[PDB]
**Student:** 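Below is a structure I'd like to ask you about.
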Number of protein chains: 2
Amino acid sequence: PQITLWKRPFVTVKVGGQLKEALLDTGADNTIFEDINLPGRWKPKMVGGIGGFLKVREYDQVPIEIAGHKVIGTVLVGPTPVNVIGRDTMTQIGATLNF
Amino acid sequence: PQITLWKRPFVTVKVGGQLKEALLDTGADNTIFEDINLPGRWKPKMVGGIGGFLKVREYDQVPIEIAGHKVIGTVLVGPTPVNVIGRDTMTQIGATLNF
Ligand SMILES: CC(C)CN(C[C@@H](O)[C@H](Cc1ccccc1)NC(=O)O[C@H]1CO[C@H]2OCC[C@H]21)S(=O)(=O)c1ccc(N)cc1
Ligand SMILES: CC(C)CN(C[C@@H](O)[C@H](Cc1ccccc1)NC(=O)O[C@H]1CO[C@H]2OCC[C@H]21)S(=O)(=O)c1ccc(N)cc1
């Protein structure tokens, strides 16, 4: 797809086999979800955004699918106010910003 | 250009007569700069991100030149950790996400 930016660029994403939606966010280094329950242990990680920091749970080798592209990546789970697909995942699906 | 996302997508911007650098951020609704001095009246606003809220000043009808494309629109000013170009500005230059 070729997505304009008049509205927030949410995409359908299946993460851990669960159908969710998340914002394609070129300003985010990492992919973060708030409304998923992933299996197994996780490791503590911290991320920093506009208003300060959050403690997140880092889950590794998680399957992610967007627009037919299935990849294996790192997913953070934490109190983000909105699910975001970061550059880590977007590079895997070959997304670019164009103008 | 076509911008891959292996590194943070910074672009050169001219705002308030000054050359600045800012992150092209499709997860940001609005453009925000730190420490730039704009003429005219502003209104107080708040923006919300990961980690909490940010107090900013909103200036309207601000010319911005983004990697050499002219736009007139809203510019927020406040202590963001990184200057961001948001969707409000990127829609004015026809930016799209492609995958
Ligand atoms: C979370 C988004 C929906 C909103 N943010 C834009 C976002 O792209 C920020 C943009 C950003 C970038 C750096 C620092 C602060 C904010 N990125 C971000 O928080 O990323 C975090 C997750 O991955 C990590 O990598 C970058 C920081 C971590 S935001 O900075 O809060 C924001 C909110 C409103 C406006 N108008 C402009 C920006
Ligand atoms: C920095 C501005 C973008 C925001 N200002 C918020 C304010 O808390 C800032 C917070 C602030 C200020 C500067 C840089 C980062 C953050 N403080 C401030 O101006 O303090 C002044 C008095 O001491 C002087 O030296 C320090 C700054 C000067 S503000 O214009 O008054 C403001 C207040 C409320 C809202 N909603 C939106 C904006």
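Chain identifiers are assigned alphabetically (A, B, ...) following the order of the sequence lines, protein sequences preceding nucleic acid strands; residue numbering begins at 1 within each chain. Order of appearance sets the numbers: ligands from 1, and atoms from 1 within every ligand. These values consider heavy atoms only, across backbone and side chains, with no hydrogens, waters or symmetry-generated copies.
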**Student:** So what's the drug over at ligand 1?
**Tutor:** darunavir
**Student:** For darunavir (ligand 1), which chain wins on contact count (greatest number of heavy-atom pairs under 4.5 Å), named per the PDB entry?
**Tutor:** Protease
**Student:** Counting only non-hydrogen atoms strictly under 4.0 Å, which other chains reach darunavir (ligand 1)?
**Tutor:** A, B
**Student:** Mind pulling out the residues near darunavir (ligand 1)? I'm using a 4.0 Å cut-off on non-hydrogen atoms.
**Tutor:** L23(A), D25(A), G27(A), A28(A), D29(A), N30(A), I32(A), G48(A), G49(A), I50(A), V82(A), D25(B), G27(B), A28(B), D29(B), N30(B), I32(B), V47(B), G48(B), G49(B), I50(B), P81(B), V82(B), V84(B)
**Student:** May I ask you to list the atoms of darunavir (ligand 1) that are less than 4.0 angstrom from any heavy atom of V82(A)?
**Tutor:** 3 (C)
**Student:** Just which atoms of darunavir (ligand 1) are under 4.0 Å from any heavy atom in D25(A)?
**Tutor:** 2 (C), 7 (C), 8 (O)
**Student:** Distance to 0.1 Å, residue and atom name: give those for the protein heavy atom nearest to atom 22 (C) of darunavir (ligand 1).
**Tutor:** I32(A) CD1, 3.6 Å
**Student:** Are any of the N/O atoms in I50(A) less than 3.5 Å from those in darunavir (ligand 1)?
**Tutor:** no
**Student:** Quick check on contacts: which atoms of darunavir (ligand 1) are under 4.0 angstrom from a heavy atom of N30(B)?
**Tutor:** 35 (C), 36 (N), 37 (C)
**Student:** Identify the protein heavy atom lying closest to atom 34 (C) of darunavir (ligand 1), giving its residue, its atom name and the separation to 0.1 Å.
**Tutor:** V47(B) CB, 4.0 Å
**Student:** Among all protein heavy atoms in this structure, tell me which lies nearest to atom 31 (O) of darunavir (ligand 1), with the distance rounded to 0.1 Å.
**Tutor:** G49(B) CA, 2.8 Å
**Student:** Would you check whether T31(B) has a nitrogen or oxygen atom less than 3.5 angstrom from a nitrogen or oxygen atom of darunavir (ligand 1)?
**Tutor:** no
**Student:** Among protein heavy atoms, which lies nearest atom 20 (O) of darunavir (ligand 1), and at what distance?
**Tutor:** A28(A) CA, 3.7 Å
**Student:** List every atom of darunavir (ligand 1) that sits less than 4.0 Å from any heavy atom of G27(B), numbering the atoms from 1 in the order shown and giving each element.
**Tutor:** 2 (C), 3 (C), 4 (C), 6 (C)
**Student:** List the source organism for chain A per the PDB.
**Tutor:** Human immunodeficiency virus 1
**Student:** Of all the non-hydrogen atoms in the protein, which one sits nearest to atom 25 (O) of darunavir (ligand 1), and at what distance?
**Tutor:** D29(A) N, 2.9 Å
**Student:** Run the numbers for me: atoms of darunavir (ligand 1), each under 4.0 Å from some heavy atom of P81(B), listed by number.
**Tutor:** 14 (C), 15 (C)
**Student:** Only heavy atoms of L23(A), strictly under 4.0 Å: list the atoms of darunavir (ligand 1) that pass.
**Tutor:** 3 (C)
**Student:** For atom 33 (C) of darunavir (ligand 1), what is the closest protein heavy atom, and at what distance to 0.1 Å?
**Tutor:** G48(B) O, 3.5 Å
**Student:** Quick check for students: name every N or O atom pair between darunavir (ligand 1) and the protein closer than 3.5 Å, with distances.
**Tutor:**
from: darunavir (ligand 1); atom 1: 8 (O); to: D25(A); atom 2: OD1; distance (Å): 2.8
from: darunavir (ligand 1); atom 1: 8 (O); to: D25(A); atom 2: OD2; distance (Å): 3.0
from: darunavir (ligand 1); atom 1: 8 (O); to: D25(B); atom 2: OD1; distance (Å): 2.7
from: darunavir (ligand 1); atom 1: 8 (O); to: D25(B); atom 2: OD2; distance (Å): 2.6
from: darunavir (ligand 1); atom 1: 17 (N); to: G27(A); atom 2: O; distance (Å): 3.2
from: darunavir (ligand 1); atom 1: 23 (O); to: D29(A); atom 2: N; distance (Å): 3.2
from: darunavir (ligand 1); atom 1: 23 (O); to: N30(A); atom 2: N; distance (Å): 3.4
from: darunavir (ligand 1); atom 1: 25 (O); to: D29(A); atom 2: N; distance (Å): 2.9
from: darunavir (ligand 1); atom 1: 25 (O); to: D29(A); atom 2: OD2; distance (Å): 3.2
from: darunavir (ligand 1); atom 1: 36 (N); to: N30(B); atom 2: N; distance (Å): 3.0
from: darunavir (ligand 1); atom 1: 36 (N); to: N30(B); atom 2: O; distance (Å): 3.1

